[PDB]
Structures are given as structure tokens and as C-alpha cells.
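Figure: onartuzumab in its bound pose on Hepatocyte growth factor receptor.
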Amino acid sequence: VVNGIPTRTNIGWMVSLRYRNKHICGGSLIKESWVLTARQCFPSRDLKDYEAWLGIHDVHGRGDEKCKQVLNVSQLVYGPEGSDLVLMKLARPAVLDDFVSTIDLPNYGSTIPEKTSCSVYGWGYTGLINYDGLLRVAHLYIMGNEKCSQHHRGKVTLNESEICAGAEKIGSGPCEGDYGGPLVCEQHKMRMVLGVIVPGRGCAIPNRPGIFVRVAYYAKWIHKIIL
Amino acid sequence: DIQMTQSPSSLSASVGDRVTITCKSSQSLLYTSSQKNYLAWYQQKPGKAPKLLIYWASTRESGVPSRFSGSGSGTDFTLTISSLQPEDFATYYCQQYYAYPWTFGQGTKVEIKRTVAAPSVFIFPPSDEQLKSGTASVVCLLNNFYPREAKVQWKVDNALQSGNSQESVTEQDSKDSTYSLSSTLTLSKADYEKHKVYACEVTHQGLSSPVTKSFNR
Amino acid sequence: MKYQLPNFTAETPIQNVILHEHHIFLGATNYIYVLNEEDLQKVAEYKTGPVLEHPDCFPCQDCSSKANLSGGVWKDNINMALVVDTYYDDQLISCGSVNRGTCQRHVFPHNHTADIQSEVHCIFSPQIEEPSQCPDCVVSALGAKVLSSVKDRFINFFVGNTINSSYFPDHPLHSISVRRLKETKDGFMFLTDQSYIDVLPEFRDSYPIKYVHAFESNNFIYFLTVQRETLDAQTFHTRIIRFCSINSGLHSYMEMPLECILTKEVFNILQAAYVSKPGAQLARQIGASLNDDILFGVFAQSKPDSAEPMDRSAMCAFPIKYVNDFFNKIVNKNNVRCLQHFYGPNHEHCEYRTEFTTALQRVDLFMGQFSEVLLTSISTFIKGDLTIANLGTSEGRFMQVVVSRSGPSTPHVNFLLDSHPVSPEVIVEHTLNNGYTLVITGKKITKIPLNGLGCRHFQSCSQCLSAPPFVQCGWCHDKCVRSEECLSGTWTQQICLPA
Amino acid sequence: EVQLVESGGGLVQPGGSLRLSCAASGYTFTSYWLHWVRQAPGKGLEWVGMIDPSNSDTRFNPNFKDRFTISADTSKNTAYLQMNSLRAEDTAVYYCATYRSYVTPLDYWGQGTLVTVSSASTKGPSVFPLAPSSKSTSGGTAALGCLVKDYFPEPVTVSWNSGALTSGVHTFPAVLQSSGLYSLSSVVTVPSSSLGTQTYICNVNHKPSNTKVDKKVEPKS
Ligand SMILES: *[C@@H]1O[C@H](CO)[C@@H](O)[C@H](O)[C@H]1NC(C)=O
């Protein structure tokens, strides 16, 4: 995450996906046995190469001992064509904790008001000389798909399966290493994963909002899979 | 595929009427370079090859009577038949030949409405030759009637019959616009020689009240 | 036939051409030229070399600082690839022969889409791990084909490289590979160990592979190669390579030989290829959907035991669907074996990379009309129901000819474009209303109308009226042209008024 | 005139194979793709494939790409549709077809052959008279016909007086009985006055069972 801040603590629902023993992506624990994440995060069809790390603050697990959970993957259930979503099933349900926690989903088809506060989380690229490896967060605001595209210069138009968020005037947001992780928002007292981070058109460009996969659009599909 | 969706599947219209068949395709059949739509219309008479009516959406083929006309562009196409004639009873197929595999619409069955016309009813006893076989067939002929909806009830020594008969109906007649019907009662020789009166009872929109034809074994 | 058309002569030879935003970009030795689309006037130039390259001097920086000549060698920068990207902020991406085959990106400023000097970034990250890999070493000086494509929200490069064995622990190039740009834009990435299929080191010198052309279709990626029929064979042939369009790696990799023949004269060496939809008439003739991609390839006979073109040419068409049917349904095992130059001949195996034994055949569509000539370039387009090809020869001759199985056709356009061989790197642009192709010859590039040139041949109304009918020539007040080019209301195919 | 004639139609077990012929005349065989189309009894039209006689290229409806094959003999101006692993839903009328030019789809067709994929045995029909009524209105119209019963498979054809009587004829769609055997009647209306004078023979043909029958139908005693 570029121009973000370290998170002061653990984020319960954050998952680090490891390919060949290195962090490759972020993900959201939406249920004891289900992590939501992005299609781009699976270079290999062979599930032996993957591990999910939960309840970690540092991307290498340094300092996380009595909290960290390491689980194997038993299934990949790809979202509908054009969604770039994947539902990853853990070989063994995760044990919920103070450190490990699920994040709610939106209602199917629900909309979100424009200047709604949101946060992206990830252990990805930061542009730092010495990245400490602690989870990072950047605060973004929701933007209308129309108005988002007006900032995007009509170079790209948005399907109803996409959602836009960005910092008011500064450049910041997710980047390489952050994909599959959550865009989180709270209108009420509760947090929901409203979007999934997918590769964008360039990291942390000023006045240029991010495009995320709209979870509420695939909410119905997601529930079939996880219940 | 490219899916072809004809509408309606069936319609029944009067002589002289303008009929409209609709054909929608799952993607544009428009070939932009010449601005031609690769959609065609066939006419199919029973037991016959399809005949080509219209190609490139609106170009009538040689010979084809002037009253057939294609139109539409992109995904939506229309076959119109003004001044409907009796020989126009048939099934019309839209086909795209824009990409392979070539695909047709479901086809639209076109029938001719005409004034109600009562049937002539006839009855046939089994033939002695057939009785040598061990079975008896009793045939009831419903000749040249409109419309198609007709009921036939068999009666032996005055008892109604269930599931011991079958019917076929001819294709509408290209010039009369009528149908004919055939109902066969099938029975064992035993069950046949055991009864006396055999009747065929027809109900039609063309009959004041039902008509019976019968004979005695 | 003599015509004056919009043209441009560069300071040096031209390698690649790319059309973007009504500007024409030329990849040439030591320069990238930016031309106007209208008149082909130079709008700007960017000096790419020569550069001073050395063991110590490092990629994507100038060592003109220490041109001390300790071991400095000046090298001309040949353009190997030139790509436009509009997925990220609009960029020209240019990769030259020098500096380890790295690429540079020229980012257009917001309102100036012909300025490739303001923001220029050299794509390079030092291999992070302990690696012998060089994802940033893209292009080979021996010859490269770059196919750029957006997939899964990344920009992916599919690349064909001709290689030798003069190579490094870093700075290894790959024969065939897929790699993606990082969103940070500062480097490329190979995703898995299957992202590249290389000729065994043991064969890199004796088994050269040339990459003629590359394209996407049907969700597959296709490369066309020229190479030896066999590891130790003295003979050469053309192959079509197919693999799955994924970035994670090359999947379902298969190579297949392509014979273009005349009726049994084999034209075994592809010179140039173009893929397009078929015009209506031709489609019917060849069992194609107006929808279908067709590979048109001009082939030449090699001299015995050589890859050198012999001045005899044929043009065969390969429907991708047709090609795919052979890739898709294996049939006889006897036709398939382990990819001979990737695994050894005596591999245990002998994913699984495969080659076919027998060649897929087509028949010259020009009916031997070009037997005594060397075709070096080809593009293809539709006009009404017709399919037309734009051919170029080794002699600088340009021809427009109608493509059909029903009879041969004398080119309706045929003239000497230049003394120099016609380059295979061509561009077709369809200004909806009308269209042109950009053709290269040496240091000059020419803008040729796709349609009206047949007419311009006729100097007078009379000649013009006795033009063959299919050209649709007519007289507009002082010149012979097709209907659509007449701004004097009145255009005629019937009446010449007093001279 | 372009002419196309199919052949080889008939009865074939499920799982088995069958080769259809299409002999063409009146054009350069090698200059046009030869198409095959099929239609299940009373159903829509389905495109099968096509071959190019000049080089033997093929194109198939993805459905039959696996099971079907098309061949050609330039010397015979004939195309062959080869089918295998035939199943119930392949029972249909098979036409071969071609076009005048690229402007049109199919301009010419064959008559079509009937392919029946079944396990039933071939059985020739019995033909029984449908004798005209005693009380046929004198001066009015009589009815008589033929019961063509218990045969397999389709089809059967009925002419009257060797094609010489056609007016007033209704040959009905055969029906499928419970025994799995087909049966149909053919009737004709006739002036009552003509009975006893005019000879009425129904000419029935069942080529599958290779049986022809001419039954004279007359008033009974
Ligand atoms: C090249 O362009 C110039 C500049 O207009 C023109 O005068 C000349 O005739 C052109 N040359 C050719 C060969 O068309």
C-alpha cells in the first residue's frame, strides 16, 4: 500500500496468501473456512503450493507467535466470468480469536453513498526503501462510477460489477502485493468488505480513484458457496 | 452457436390478411462492408424441401410472389406476408448464414382461418380378411372440416370407449383450407364378435348437434 | 504506373511502425520518429543512440559519463519492438538491440500526444533474489517478435527471440516466453518456471529460430517460425506455434509445420503473414464465417539446404479454425513427439511441450502467379464483398490484387515503390471513410490509399472510362477516381466533356 | 438444372453406423461446398456440416464433430455423410444441399432420405380394404379406402389406380401403436354411382420390407 500508514494492531479478517512460501496476495476471512480473494493470485492449479496465514501483523510472521494460524487450501471456487473473484476453502476451519475474525458481506445488490469512508489493507508495495513488513492501511472515499470515470478521463467505463474509491486529492492506495485483499467500509457500527483489490491502472495516482470488484454484486453467488 | 428465436411458433390468420413473423438473433448478422444482413427466410410445405423466399434480410428471390417481404437489420428481422393466400399454409423458417454452424429459427406454423365447415362422417367395419388375423379395426372418417378441433367418441352396444382408439389429422389443404381426420377403434376378435352395435359419434362447431354413424355386426 | 503519395525518408533504416492517436511512430536505427498521420511530415524525433555499452556500464543508465573507452563499444540502436499501451497512462514502449534488450517507456503528457521526450523511463529492476533471471531483458538483437496484450488487468508481453549461446548468468534471453509488467511499471515478471520455453543450451548455436509473426485469436496465442525440420536436419520449414493465452505460463504448447504448395512444389519459408476477416465471396469459397480469422502467409522456396529465399513465392491461407482442428484432435500418435529442441531427443519424456511430425498443407491461392518473384510483405483487407491483398516484393514493387479461388487476377494496382525491398512490417488503418496502409522500403515509408489507386493510373477521361468495371473508376472533373472521392458534385462513368 | 439425390436411408440399430449418398448433377461439383441438413419428423431444421470436394475440407455443427464424417468422390460427383454411434434423436430426414453463389444460403436441396435409428425389426404391413357403405347416398358421394396396418419402419406410400386417381384422396399420417408398429389408412371420396363400375385399387409400397401390395376395394356382399 502506497502512502498508507501502518495499522496500529492486528486486523482480524486479513489473510496473507502464500505461494511457494512467499506472500503473494491479500484476502478476507469471510467465514471459518472461507477466504475471499482475487483470481490473479493463483499462478498454479496445484494447491500444495498455497498456504493461508491468519492473525499476523508482520508479513513474515515476526512477532506473531501465539496468534498466527497457518492453513492449507482444499478448494478454489472461482467467481463468475468477469469477476476476478476466488473463494478459497481452508483444509481446516480457522479458529476464531481476538486475532482471527470474520468480516461481514454487504446485502446483495446494495449501493453505497458517495463520500463513505473506506480502508484498504495489505502487505504489498509501498515504495519504501526498507519496508518493515507490517500491515498497512490507506483511507479512501467511495466515488460514483460515473464521477470515477470522469476522473479516469473516459478511458474506461464501469460495469455494475465494479466500485470506485479514492483519496480526495492525494495519490495513495493498493498496489502490487495487495491484490485480493479488502476494501472495507462502515456506514453503521459494522464493518463490511465492500470491494476486493484487483490490479489497477497504476499505483497511487493523485486525483485518480481505484477500481474494485463490487462484492455486493456477487453477494448472492458468494452465499451459495459458503452456506 | 448464434441462437435464432422465431415468434410466434404458430398463428392462424384469414385469407387476405397481413401476417407478421418475427426473428431475433443473439448477435448482429450485419456484414458491414457491404451493409448486408446475412439472414434468410424459407417456406416449408409438408414432405418437401425448404424453399428459399428472402435472402439478405429483404431481397426477394426470383419467382417468389410479390406479397412476401423481408425487413429488419442487426438482430431483429421480420417476414411479412400481406394478402395471405390458401397455398401459403406452411412453416416459415428464418436462417442465419452469417457464421457456422448455420442455425435456423424454431419455425412458425401458419394456418388459414376460414368459414366453419362441417365434416362428412363415414364408418368402416373390420374386413373379413382382417378377422382371419385375430384383430378387428373399425375406422371412422371425418372428411374435409374446419376448424381442426373435433371430438370423436366411439360407442359399442352403446358403451363409451377409453384408450382403445387413435387419430391422425391431415395437413391443411392448400386450396380448401380444411382438414380430414381418421379414428381407428382396435379390438380383439373375441371382444368384437361379442357385441352388436358399433358407433362413431362426432362433435364439431359445424354441427347443430353431434352426429352419429353406425353399423351392426 | 507512377504515383506521388505521402512519404517520409528517415535519417536511417526503419524497423517498426505503430499508429497511435493520429500520429505515426517509427522505430528506426538510433531514432524514434514521430510523424503526422495526414501528410507524414516529421513532428518530432527521439535519439536512442548510438549507445556506449560495456560489461561495467549498467542497463537503463547512460555510461556516456565514463565514455572513458576503458572497454567502450559504440553500438547502433536497432528498434526490435515498438508498442503502444493505453491501459496505463498512454505510453510508447520501445525496446532496442542494445542494453540487454531492455525497453523504455515514453509517457505522453496530457495534451501533447506526440511528445516522447518529456517523460522517458527505462524499465529495469535489479533481480531481487539470487537470480540468473532477467525478466527485464526483453528483446534479442538477433531478432524478436513482441505481442502485447491486456489480460487479467495486467499488460502481458509474449515474445519470440532468436538466440545464440553468447549469454550471461544474468542477461539470458528466452526463445519464447510470457511476462507481465508490474503495476509499478518499473519491471517485468515471469510468473512461473513454465513462462518460457527455451532451446537447450546445447543447441542454441546450431538451431536458430526466426519469428516471422505473432497474433491472438480464439483465446490462443500464435507464433510463426522458420527453422530446421529437425535438430540435425539440413533443411528448413515454417511452423505455427500455439499456446494458451495465460500469463502464468505457456500452456498446451504445440508446434506444427506448415507446407504451402502449388499443384508438388513446396514453398517452405514464410516471408510475411497477416491475419484478417475474409471478404464475403472468399469466405464462402473457403468455408469460413464472415466472423472468422484467416492467416494469409506469403511463402518462398528455399535454396537447397538453406533458409535463404529463392525468389519464388506463393500465398496460402490458413483459417485459424482449420488450423485449430488439427491442433485439437491429435489422431495418429505417429505425428506427435516431445518438443525436440526443448527436451533433448533422448529425454525420458520422449504440461508437456509437443511438436507434430507431418505438415499441414495449403495450396497457392494465386495459382503460381508469383513463382518468379519474391514476396516480402502482405496485408489484407475487405472491400465490399471482395478480399484484397497488398503485396510487396524484394525489388520494391507494390501490388494490389484480389484474392479468390475462382480464377487468377492480375493486380489492379502494380508499381515500383522503391529500389529497396518492401518491409514486412506494415500497417492497415481503416479511416471509416477512406483507408490506407503504411508500407516501408529502406529508410522511406509510404502512405498508400487502400482503394482509389487503381483509378489514379488513368491520365485522361477516355482511359478512365475504359477502366475495368470492378475498379469503379470514374471521371471527376480533372482526374480519375472512385465515386467516393469526387467533391465536384458530378462524377461520371459515361461522359467526357470537351477537353 | 441443379439436381441432388440422397440414398442409403433406412433402418439402423442404436450404436451402429450408416453412410448416406448425395449424387449431384448440373454444375461443377468441385466449385461448391456440399451441405447436409436434417429434420426430425415434425421438428425444426438442424445444420449438420459440409465438405469441399476440391480438397475434402469439412465443417461440422459442433454437435456432430466427433461422431460424423463427410467424404467425397470427384469422379462420381457424389458426397457421403457417414454417421456412427447413432442414437434415437438422430432419427430424421437427411437433406443434402448447395447454393448458386455466396449471396444465398442454400438454393438447392435433395428429396431427403429417412434415417430411423431403432432396434425394431422390419415388418411388412397387411393391407385391408375399407369397403364403401351399402347406404352410400345414391346420386351422392361414397367413401372407401385402405387400412395399411402393422409395419415398420416408415414409410409407406399410397397411390390409387396407379396414380390415376388423386382428387378426393386423403392419405393420413401413420400412427404409432402400442405394439410399436405403424398403421395408417388412405381414403378417397367417390361418386356413389361409380361403385360396381369403377375399379378402385390402392397401390401400397413399403420399400424397407420390400413389399408392394395392390388391394382392390369393392362393395361387400
Ligand atoms: C514524397 O513526398 C514529397 C513531398 O510532398 C512529394 O513531392 C514526392 O512526390 C513524394 N514522393 C513519392 C515517390 O511519392
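Below, chains carry the letters A, B, ... as their sequence lines are ordered, and counting in each starts from 1. Note: hydrogens, waters and symmetry copies are ignored here, and every other heavy atom, side chains too, is used.
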Check: What are all the ligands or chains assigned to onartuzumab?
Finding: chains B and D
Note to self: Just wondering, which other chains does a 4.5 Å heavy-atom cut-off pick up around onartuzumab?
What the structure shows: C
Margin query: OK, cut-off of 4.5 Å. Which chain of onartuzumab has the most heavy-atom pairs with chain C?
Written below: chain D
Notebook entry, point to check: Most of the residues of chain C in contact with onartuzumab belong to what UniProt domain?
Noted result: Sema
Checklist line | Epitope on chain C for onartuzumab, cut-off 4.5 Å between heavy atoms | finding: C/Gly279, C/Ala280, C/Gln281, C/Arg284, C/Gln285, C/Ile286, C/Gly287, C/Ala288, C/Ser289, C/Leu290, C/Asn291, C/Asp292, C/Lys321, C/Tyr322, C/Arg362, C/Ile382, C/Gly384, C/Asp385, C/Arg405
Next item on the list: Give chain and number for each residue of onartuzumab with a heavy atom within 4.5 Å of chain C.
Entry: B/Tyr31, B/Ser33, B/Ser34, B/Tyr38, B/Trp56, B/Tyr97, B/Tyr98, B/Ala99, B/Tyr100, B/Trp102, D/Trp33, D/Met50, D/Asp52, D/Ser54, D/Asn55, D/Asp57, D/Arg59, D/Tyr99, D/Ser101, D/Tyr102, D/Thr104, D/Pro105
Checklist line | Entry molecule name (chain B) | finding: Onartuzumab Fab light chain
Item checked: chain D, as named in the entry -> Onartuzumab Fab heavy chain
